[PDB]
Structure formats: C-alpha cells, structure tokens
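Bound state: Cyclin-dependent kinase 2 + AT7519.
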Amino acid sequence: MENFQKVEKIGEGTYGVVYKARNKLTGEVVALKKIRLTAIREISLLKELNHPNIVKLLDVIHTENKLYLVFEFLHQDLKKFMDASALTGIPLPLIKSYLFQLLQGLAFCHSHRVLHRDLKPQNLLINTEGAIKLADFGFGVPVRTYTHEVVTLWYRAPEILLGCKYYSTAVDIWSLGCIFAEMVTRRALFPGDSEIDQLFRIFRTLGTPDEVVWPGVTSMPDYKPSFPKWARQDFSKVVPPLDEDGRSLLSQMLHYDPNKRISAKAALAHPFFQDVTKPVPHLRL
Ligand SMILES: O=C(NC1CCNCC1)c1n[nH]cc1NC(=O)c1c(Cl)cccc1Cl
C-alpha cells in the first residue's frame, strides 16, 4: 500500500472509500477502493472476470485488516454525463452504443454465473473512446459519513423488492432497462424513495402484477393481497420519442416475470441493434 500516492478522494459508498491514486512503481493512475474490516475468494474470481466492458480489477491488496481493490481509472461516470447532457439529451446512436456494450458486458458476466446486482448510472464508467464499463460489482465496517443517495432503489428489480432471496441474472437486465429509459427520456423511470414507494411506482406504470403476467407472484415473501391494483399504462406514454424497436426491446427488459425477461444474449440479437455504431461522446475532463 506504500506503493500508492493518493491524489484525491473520488467518493464514498456504504462499505468503502474510493480514491484517485498513483502507483509509485508502475507510474499508473488508478482508482483505489478501501474497505474497513469467502470475500477474498470471491474477489479473486473477480480478478479473472476480464472483459472490455468491465472495469479492470488490477490488484487486490489484503493487509491485516484493510482490503484495497485497485482498478483501472476512468474519468467519467454515466450519471454525471446524463446530468451534463440533460438540456439536449444523449444522441440516440450513443444511447444505443452504450446499451449494446453493457449488454455485451452482462452477457459475459452472466455466462460465468456472476451477477452484478446493483447496476446504476453512477456504477457505469465511460471514456473518450466511446467505451462504457460495468463497475462496483455487488461486508466490512460502515462508513459513518456516507450520505444518502436518492437514486438508491430506482434500478431495483421487482423480485428483489418482493423478497426473493435467490434471484437471478434477470435482475441486471431490469436495472439496465431502467437506465435505458432514463437515457432516452432524461428522467428516472421509477424514482422511489423507499421500498414500498419503489414497488408502487413500478406498479403504477407497468400495472400491479398478478398470476396472469407473473406466475408465482402472489406467493413471494413480501407480496400482499392488499397491494393496490393499478392498471398498466401504455409504453408509448412511458418513453417517448423512442422508436418501436427501442420500445419493443425495453418492454422485454422490463417483463415482471424474471423467466420471461429477455436475457443479455438474446437482447444483443434484437433488431434495435441492426444499425448499432460506436460514436464518441464529447467529454469535458
Ligand atoms: O470512480 C472512478 N472514477 C471517477 C468517475 C467520476 N469522475 C471522477 C473519476 C473509477 N475509475 N475506475 C474505477 C472507478 N470506480 C469504481 O470502480 C467504483 C467503486 Cl470502486 C465503488 C463504487 C462505484 C464505482 Cl464506479
């Protein structure tokens, strides 16, 4: 750890602080995550999970009660680029390129039985090259200072909210669907501020789920017959001015039933991507 010089604190999460740092010996600039203290073996698997759309875990440094993760550094995250692009919006061909790349990254994860579990714009890092990468794949002492982030539950799949313990790769598809919608419309799709507010915002848009559209729903841990019964609203009202290929794909990423939800791999074959390209964003570092 003496091999690293802090440049600045980048931010803090629930169980770790992130710094920009310089490797005194490689010359590399890196993002360093510090966690105050199975975990070690699952991190070592993370070291082998290498893909162009996954932030490269360069090193894991266990010292006798801290764990440091050393990542490749990227300058910008999607959350801030969305904020930066709010007045004009992200051009569609860039939206589609970022969506395709995250689908590639997830296709890869998923085929190796790795779930992200917590995708959100602030976890998606971007470079000058038009690349977008998955970061902060989903123990330790809690940072007392961590300040609460409104966006926290906004990307949570409904089966998580309903108490499914043994949820699947489909939760990452749901999250990415929510991100897709938000890029298109420049508004969060389901901006809940508690778990029941998050559930009810979903129900209001997509309709309260029942056995017809989601077999087994009524038997989930936190499901209540007393949930209000909202009617589903038209998708054309939900993400204008997205074209029918886009809306068709989004609809399949947002299926209630985890088993009907489109997989990352099938999503890459969707007609929305027939004309995909790789534009480069205009970033202001
Ligand atoms: O945070 C980073 N860069 C900042 C983006 C916003 N502008 C300044 C630079 C970064 N660069 N490489 C990796 C990361 N961050 C993460 O991997 C990460 C962790 Cl370790 C924990 C929670 C979220 C994220 Cl994204």
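All residue numbers in this chain count up from 1 along the given sequence. When reading the values below, keep in mind they use all heavy atoms of this one structure, side chains included, and skip hydrogens, waters and symmetry mates. According to its header, the structure was obtained by X-ray crystallography, 1.9 Å. We count ligands from 1, going down the list as the structure has it; atoms in each ligand are counted the same way.
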Which residues are in the binding site of AT7519 (ligand 1), using 4.0 Å as the heavy-atom cut-off? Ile10, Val18, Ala31, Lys33, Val55, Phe71, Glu72, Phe73, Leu74, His75, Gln76, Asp77, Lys80, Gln122, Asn123, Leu125, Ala135, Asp136
### Interfacing atoms of AT7519 (ligand 1) (cut-off 4.0 Å, heavy-atom, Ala135)
17 (O), 25 (Cl)
Any N or O of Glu72 closer than 3.5 Å to N or O of AT7519 (ligand 1):
yes
Quiz prompt | For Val18, the AT7519 (ligand 1) atoms whose distance to one of its heavy atoms is below 4.0 Å | solution = 19 (C), 20 (Cl), 21 (C)
>> Hey, quick one: which residues UniProt lists as binding ATP in chain A have a heavy atom under 4.0 Å from AT7519 (ligand 1)?
In response: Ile10, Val18, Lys33, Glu72, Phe73, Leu74, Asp77, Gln122, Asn123, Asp136
Which residues overlap between UniProt's Mg(2+)-binding set for chain A and those with a heavy atom under 4.0 Å from AT7519 (ligand 1)?
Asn123, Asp136
* Asked: At a 4.0 Å threshold, what atoms of AT7519 (ligand 1) neighbour a non-hydrogen atom of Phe73?
  -> 9 (C), 11 (N), 12 (N)
**Asked** Which atoms of AT7519 (ligand 1) sit under 4.0 Å from any heavy atom of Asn123?
**Response** 23 (C)
In chain A, which UniProt domain contains the majority of residues contacting AT7519 (ligand 1)?
-> Protein kinase
Hey, could you check which of the UniProt active-site residues of chain A sits nearest AT7519 (ligand 1)? Heavy-atom distance to 1 Å would be great. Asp118, 8 Å
Per-atom contacts, AT7519 (ligand 1) versus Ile10 - under 4.0 Å to a heavy atom
1 (O), 2 (C), 3 (N)
- Query: Any nitrogen or oxygen of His75, main chain or side chain, under 3.5 Å from a nitrogen or oxygen of AT7519 (ligand 1)?
  - Reply: yes
Fill in: Close-contact set for AT7519 (ligand 1) against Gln122 heavy atoms, below 4.0 Å
25 (Cl)
- prompt: What are the atoms of AT7519 (ligand 1), with element, lying closer than 4.0 Å to any heavy atom of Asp77?
  reply: 6 (C)
query: For atom 24 (C) of AT7519 (ligand 1), what is the nearest protein heavy atom, given as residue, atom name and distance?
result: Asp136 CB, 4.1 Å
For AT7519 (ligand 1), which atoms sit closer than 4.0 Å to a heavy atom of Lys80? 6 (C)
So for AT7519 (ligand 1), is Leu74 a polar contact partner (N or O within less than 3.5 Å, distance only)?
yes
task: Distance to 0.1 Å, residue and atom name: give those for the protein heavy atom nearest to atom 15 (N) of AT7519 (ligand 1).
output: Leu125 CD1, 4.1 Å
